[PDB]
K.L.:
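Sharing a structure here in structure tokens format.
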Amino acid sequence: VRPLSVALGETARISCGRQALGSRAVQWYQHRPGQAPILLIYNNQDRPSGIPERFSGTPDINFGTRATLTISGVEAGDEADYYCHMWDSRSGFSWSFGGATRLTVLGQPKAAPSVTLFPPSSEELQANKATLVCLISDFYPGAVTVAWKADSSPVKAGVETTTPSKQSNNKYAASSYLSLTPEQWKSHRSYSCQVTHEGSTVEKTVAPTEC
Amino acid sequence: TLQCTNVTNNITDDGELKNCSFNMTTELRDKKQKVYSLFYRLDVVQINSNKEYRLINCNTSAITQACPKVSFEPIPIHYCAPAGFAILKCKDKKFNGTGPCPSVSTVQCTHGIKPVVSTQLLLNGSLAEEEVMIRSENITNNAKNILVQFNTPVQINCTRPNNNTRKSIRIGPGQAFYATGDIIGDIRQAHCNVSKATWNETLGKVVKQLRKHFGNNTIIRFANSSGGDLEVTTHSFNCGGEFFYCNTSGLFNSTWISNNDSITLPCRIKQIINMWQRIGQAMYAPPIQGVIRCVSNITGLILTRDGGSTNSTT
Amino acid sequence: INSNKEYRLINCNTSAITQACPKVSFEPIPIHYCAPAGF
Amino acid sequence: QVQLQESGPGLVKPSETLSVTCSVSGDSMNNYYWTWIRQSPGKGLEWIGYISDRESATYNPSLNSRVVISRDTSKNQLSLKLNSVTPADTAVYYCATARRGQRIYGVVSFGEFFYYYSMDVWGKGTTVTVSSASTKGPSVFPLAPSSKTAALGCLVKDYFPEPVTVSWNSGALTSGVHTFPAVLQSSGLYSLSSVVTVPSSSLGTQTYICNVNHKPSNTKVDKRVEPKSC
Ligand SMILES: *[C@@H]1O[C@H](CO[C@@H]2O[C@@H](C)[C@@H](O)[C@@H](O)[C@@H]2O)[C@@H](O[C@@H]2O[C@H](CO)[C@@H](O[C@@H]3O[C@H](CO[C@H]4O[C@H](CO)[C@@H](O)[C@H](O)[C@@H]4O[C@@H]4O[C@H](CO)[C@@H](O[C@@H]5O[C@H](CO)[C@H](O)[C@H](O)[C@H]5O)[C@H](O)[C@H]4NC(C)=O)[C@@H](O)[C@H](O[C@H]4O[C@H](CO)[C@@H](O)[C@H](O)[C@@H]4O[C@@H]4O[C@H](CO)[C@@H](O[C@@H]5O[C@H](CO)[C@H](O)[C@H](O)[C@H]5O)[C@H](O)[C@H]4NC(C)=O)[C@@H]3O)[C@H](O)[C@H]2NC(C)=O)[C@H](O)[C@H]1NC(C)=O
Ligand SMILES: *[C@@H]1O[C@H](CO)[C@@H](O[C@@H]2O[C@H](CO)[C@@H](O[C@@H]3O[C@H](CO[C@H]4O[C@H](CO[C@H]5O[C@H](CO)[C@@H](O)[C@H](O)[C@@H]5O[C@H]5O[C@H](CO)[C@@H](O)[C@H](O)[C@@H]5O)[C@@H](O)[C@H](O[C@H]5O[C@H](CO)[C@@H](O)[C@H](O)[C@@H]5O)[C@@H]4O)[C@@H](O)[C@H](O[C@H]4O[C@H](CO)[C@@H](O)[C@H](O)[C@@H]4O[C@H]4O[C@H](CO)[C@@H](O)[C@H](O)[C@@H]4O[C@H]4O[C@H](CO)[C@@H](O)[C@H](O)[C@@H]4O)[C@@H]3O)[C@H](O)[C@H]2NC(C)=O)[C@H](O)[C@H]1NC(C)=O
Ligand SMILES: *[C@@H]1O[C@H](CO)[C@@H](O[C@@H]2O[C@H](CO)[C@@H](O[C@@H]3O[C@H](CO[C@H]4O[C@H](CO)[C@@H](O)[C@H](O)[C@@H]4O[C@@H]4O[C@H](CO)[C@@H](O)[C@H](O)[C@H]4NC(C)=O)[C@@H](O)[C@H](O[C@H]4O[C@H](CO)[C@@H](O)[C@H](O)[C@@H]4O[C@@H]4O[C@H](CO)[C@@H](O)[C@H](O)[C@H]4NC(C)=O)[C@@H]3O)[C@H](O)[C@H]2NC(C)=O)[C@H](O)[C@H]1NC(C)=O
Ligand SMILES: *[C@@H]1O[C@H](CO)[C@@H](O[C@@H]2O[C@H](CO)[C@@H](O[C@@H]3O[C@H](CO[C@H]4O[C@H](CO[C@H]5O[C@H](CO)[C@@H](O)[C@H](O)[C@@H]5O)[C@@H](O)[C@H](O[C@H]5O[C@H](CO)[C@@H](O)[C@H](O)[C@@H]5O)[C@@H]4O)[C@@H](O)[C@H](O[C@H]4O[C@H](CO)[C@@H](O)[C@H](O)[C@@H]4O)[C@@H]3O)[C@H](O)[C@H]2NC(C)=O)[C@H](O)[C@H]1NC(C)=O
Ligand SMILES: *[C@@H]1O[C@H](CO[C@@H]2O[C@@H](C)[C@@H](O)[C@@H](O)[C@@H]2O)[C@@H](O[C@@H]2O[C@H](CO)[C@@H](O[C@@H]3O[C@H](CO[C@H]4O[C@H](CO)[C@@H](O)[C@H](O)[C@@H]4O)[C@@H](O)[C@H](O[C@H]4O[C@H](CO)[C@@H](O)[C@H](O)[C@@H]4O)[C@@H]3O)[C@H](O)[C@H]2NC(C)=O)[C@H](O)[C@H]1NC(C)=O
Ligand SMILES: *[C@@H]1O[C@H](CO)[C@@H](O[C@@H]2O[C@H](CO)[C@@H](O[C@@H]3O[C@H](CO[C@H]4O[C@H](CO)[C@@H](O)[C@H](O[C@H]5O[C@H](CO)[C@@H](O)[C@H](O)[C@@H]5O)[C@@H]4O)[C@@H](O)[C@H](O)[C@@H]3O)[C@H](O)[C@H]2NC(C)=O)[C@H](O)[C@H]1NC(C)=O
Ligand SMILES: *[C@@H]1O[C@H](CO)[C@@H](O[C@@H]2O[C@H](CO)[C@@H](O[C@@H]3O[C@H](CO)[C@@H](O)[C@H](O)[C@@H]3O)[C@H](O)[C@H]2NC(C)=O)[C@H](O)[C@H]1NC(C)=O
Ligand SMILES: *[C@@H]1O[C@H](CO)[C@@H](O[C@@H]2O[C@H](CO)[C@@H](O)[C@H](O)[C@H]2NC(C)=O)[C@H](O)[C@H]1NC(C)=O
Ligand SMILES: *[C@@H]1O[C@H](CO)[C@@H](O[C@@H]2O[C@H](CO)[C@@H](O)[C@H](O)[C@H]2NC(C)=O)[C@H](O)[C@H]1NC(C)=O
């Protein structure tokens, strides 16, 4: 993969992974994690209905210019992978779209993590299992640490922590599970999930003694 | 011995260009050279792991190469006569070339004559007047060639669309060889375009002139050639540095009796040329860099006839 | 050209070299240029 | 209004036949060309093959001819089959169409174009895990909310393999849903959680039915969420 990063409101341009051989039909493709791909440039400059005019590929002037996208007015929602599928007169059938340029658009404001801690369910406590679930949301950037506290003391025992991952809002989200039993969950006065973001901590504390 | 490969393309064939790696020599007599060049299939032949190839002239005639300074471009030439002699120009419009000439004028030099080295077609020459003139030494003999002269010149655009590279490799001192480099971009092939409209009308104006000498109303058929060397069976000529050999078929696909687009022809290029067939000495035409284009004006023709076949039929 | 250094002639990459055979000399010989009749 | 839908198995043992079916809708099947594409975790995109209006299938030689493609002119369904599956074959799959472009540079009579396929219409996709571990049913429990906008939901615990799908009120509850990732326990089993947002006063009047579906295990749980007895 080829790293690239552009600022906000600027103009970005993305070269092709391969190089032109013969006159070309350049198929530019875009991919977001978990979503489905979208065609932007087919036939080297051509654009479909419903695509922004900020995006312009490279025309065919007989070689010269390589295959390059041009994005005017770069925005925060422009972070994705990019593939240039080079169809040309020489390499023939192209069964690969080239490399991967993953764009990361910086310059975004900071948010604060939305954290909530949950006690085990009335039915789950009847299943002889207690999993402390700590959920985090709406924080830019995605740096977050989930710590478990038994009363005032840290718990490293049975800590199942997921990775903060981008949401649809261009912010991350992270879940954590303290692998435990209905006994250890009720054994301490207050169980505190520590979620720290950008030096500030949003900590939700569940006490079994409070309805 | 040449180690060559079918040229790089994505299938859809059934080549003719080869990436040819061979061990060569340098200006320093001891050290040698390992080089690659791209050759048309007509200049080489194979010999019987990957197939090996060798040049076509190796078993015939000592090969030279016309140095790139000298060109092949036909330059108009006026042949002249000395004192005590002169040249006579026969100017009468309808003239079959034999018998007496009504219009006799004397000059000391001819008009501009490009010594066009070409076959099957005449380019850039003189035009006839009024009817298109039919000239033959003897028309009862099919073997004797028959020549025609147009009153209307015909346009043709000949191109080598490939963008060539010329690799100059040092065989010296003072010697050197200009090879062919890899094509830059699209792989195309040579061709020449001719208007189909003026063409169809040309054959109509011609067929009306044949019906003065042959029949008042008869049938006239055109068909492609018979056989012989490639210099005959195809159309040879130099287009700017290079000698093109073209397939002429669809021009002559016709049958005529009594009462908007254009055409295109395939072409091939050959560098090694023995032209005028003289053995013991060949020649190599260095490749010209890039897309070649030459525009020609067709002033003349050469034809032969068939045989008894069926009595007064076609 | 780039153990002991190796060398090569200067004309090898330029022009085919000959040698004036030792019989023929280079000695300048006085020459009188002359003109024909009518001149 | 051409649209598409997939179907996954969700789990397969190694060296077994894997089947996926893409449903065609909104238009006919003889107007355009069809294709499928997959991607493995950690790796990039990989092309597979295509099939045309005359139904002849074409494949990528990198697949060792282990792929077979068939449409259905009646069903409006595009099927797929794969045998000889390996642990590295766990991936996510899609289906799409192909507009057949022909990029002409020179004279068309000489074959001086080529055939370039530009993709236009796409599809959703499913998930399959190739693993030798037996399937494990999800443990569904209705996490009870607190009393003090609030939060409730249901738990999905100790299931193998993915995917597990959750919904609220059989599709009557939309805005405010936040699902969270499924951790990988050291035993090779996952656990996930989901949450939905409502106004403060909905509690006890609106019945919240969490519908859990683990398709690999065929586990469909309609479990309801109710507040704590306190
Ligand atoms: C150009 O040219 C060039 C040349 O040059 C020239 O010359 C000079 C002089 C000058 O003049 C210049 O100028 C010129 O030009 C060319 O090239 C060439 O060619 C040729 C042809 O022929 C070739 O030859 C060949 O040789 C061979 C030998 O081999 C060896 O050696 C060599 C040299 O030395 C080398 O090269 C090779 O390679 C080898 O060696 C080896 O190798 C390997 C591989 O590669 C290696 O290994 C490696 O190692 C590494 C480390 O180090 C790593 O590990 C890697 O991985 C690996 O791989 C090694 O090392 C090496 N070694 C050394 C170096 O030492 C031979 O062989 C061949 O032969 C063959 O065939 C033939 C026919 O043809 C025959 O006759 C023979 O015999 C053979 O065969 C064989 O046989 C045998 C028996 O006898 C057998 O054996 C057996 O086996 C079995 C099993 O199987 C068992 O074991 C038994 O026991 C046994 O016995 C076998 O098998 C067989 N095989 C077969 C295949 O068959 C040949 O002769 C050469 O080489 C080349 N080169 C050079 C010289 O350099 C070109 O081409 C041109 N071009 C054009 C013309 O164009
Ligand atoms: C002797 O005679 C020989 C035989 O006559 C002769 O051979 C001829 O040689 C010439 C070259 O000199 C060849 O000319 C080429 O023609 C190509 C084909 O052009 C036709 O089709 C295109 C594409 O149009 C699409 O959409 C239209 C309408 O919507 C459809 O009708 C088409 O089918 C096609 O549909 C697409 O989508 C379909 C559905 O998916 C697909 O199924 C389909 O395959 C397609 O993908 C039209 O644009 C053309 O119009 C042009 O020509 C007409 C006159 O005919 C003009 O009026 C008009 O102004 C245009 O000039 C035509 O209908 C051309 O593609 C090719 O030009 C491209 O390649 C050359 C060479 O590399 C480049 O230099 C040039 O820049 C071109 O690339 C641009 O345009 C192409 C167009 O497809 C794009 O694909 C490409 O990405 C790039 O576009 C981008 O940049 C452009 C500016 O650079 C910009 O304008 C674009 O918007 C975009 O940004 C070239 O013209 C010719 O084919 C030979 N054969 C014949 C029969 O003529 C020989 O030369 C003669 N020799 C002599 C000496 O006389
Ligand atoms: C066979 O086919 C070949 C391909 O068609 C053809 O050769 C091709 O020739 C063209 C130019 O004729 C060449 O294209 C560009 O060449 C640039 C350098 O050439 C200069 O100077 C030469 C003199 O030797 C002139 O002949 C050229 O015209 C050009 O002059 C400049 O032209 C511009 C055009 O407006 C004028 O504004 C200038 O004033 C003028 N200067 C003068 C006269 O002094 C070369 O720099 C180009 O490369 C750049 O663009 C490429 C893509 O188009 C990029 O891939 C490459 O990275 C370069 O990007 C540039 O990078 C710079 C610094 O990073 C930036 O500042 C530029 O903004 C940026 N430009 C772009 C557009 O991105 C370019 O190559 C072809 O390269 C050349 N092709 C080959 C394969 O040789 C042959 O002639 C054909 N043969 C025959 C016999 O016909
Ligand atoms: C000058 O121009 C010419 C033309 O441009 C050129 O190139 C040659 O072009 C011709 C094009 O036709 C080449 O192909 C030949 O085609 C022959 C015809 O076969 C067709 O018809 C068959 C039946 O015809 C019936 O009617 C005819 C006419 O009345 C009659 O002769 C027949 O006897 C018969 O009654 C038909 O069978 C055949 O195929 C059918 O069946 C097959 C079964 O397999 C099926 O698969 C097909 O789908 C189809 O249904 C076809 O439809 C053919 O007979 C001929 O082959 C014979 O002769 C050649 C040459 O003598 C032998 O080599 C060969 O072994 C056979 O005996 C041939 O295929 C011809 O090939 C081109 N030339 C060359 C060399 O390849 C010249 O090159 C041009 N020259 C220049 C300098 O430009
Ligand atoms: C001169 O060349 C003509 C072809 O040149 C075309 O145009 C040039 C510019 C090039 O691009 C070249 O590649 C093109 O092909 C040539 O005319 C062509 O003749 C063939 C048949 O000889 C036509 O094919 C179809 O023929 C059948 C009948 O053939 C049967 O009987 C014959 C014997 O008489 C047998 O030999 C055959 O095996 C068959 O058994 C027709 O029924 C059919 O007509 C139908 O389809 C066409 C379109 O393809 C329609 O227009 C009609 O209305 C019918 O629906 C074909 O005619 C081929 O089509 C035809 N081309 C053209 C453009 O007409 C011509 O024969 C050459 N002249 C001479 C003297 O050789
Ligand atoms: C195919 O090619 C042939 C031959 O090339 C064309 O046939 C005719 O060619 C003759 C000349 O061979 C032209 O007829 C006369 O040409 C006279 C000579 O003209 C040259 O010398 C003049 C005085 O020294 C000079 O002024 C003149 O320049 C003129 O043309 C220049 C471009 O060539 C231009 O830059 C100048 O400004 C100026 O216009 C020439 O160097 C000339 O004195 C006569 O007036 C007359 O033109 C015919 O016109 C040619 N055409 C025809 C139809 O007869 C033939 O046309 C070509 N056919 C096709 C289809 O292209
Ligand atoms: C590129 O080089 C290859 C080297 O072989 C050439 O391939 C050869 O192509 C001919 C066709 O002209 C093949 O002959 C065919 O054999 C089949 C099977 O018996 C027969 O059914 C056909 O009628 C025909 O005779 C030949 O086998 C094939 N060589 C090999 C090793 O398979 C190819 O032609 C070269 N390309 C060019 C443009 O020369
Ligand atoms: C060429 O044209 C001439 C007329 O200009 C033909 O006429 C011949 O003229 C000669 C005079 O030298 C006579 O002896 C012949 O008897 C004439 N023959 C005819 C048929 O008229 C001459 O025949 C023509 N030649 C050709 C080959 O057509
Ligand atoms: C051959 O090419 C020449 C140009 O290289 C063509 O000339 C053009 O002819 C048209 C009329 O048909 C004129 O309108 C143009 O102005 C001409 N251009 C030039 C540059 O002269 C000619 O038509 C071509 N002929 C064929 C048969 O292709």
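Throughout, protein chains are lettered first and strands after them, A, B, ... in sequence-line order, and every chain is numbered starting at 1. What you see here is only part of the deposit, and the contact count is restricted to that part.
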K.L.:
Choosing from AMG 509, MAA868, REGN3470, RG7155, 10-1074, what was placed at chains A and D?
P.N.:
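Among those options, 10-1074.
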K.L.:
Per the PDB entry, what macromolecule holds 10-1074 (chains A and D) with the most contacts in this model?
P.N.:
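Greatest contact count: Envelope glycoprotein gp160.
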K.L.:
Return the chain letters whose heavy atoms come under 4.5 Å from 10-1074 (chains A and D), other chains only.
P.N.:
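Heavy-atom neighbours of 10-1074 (chains A and D): B.
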K.L.:
Provide the name given to chain A in the entry.
P.N.:
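The deposit gives the name 10-1074 Light Chain.
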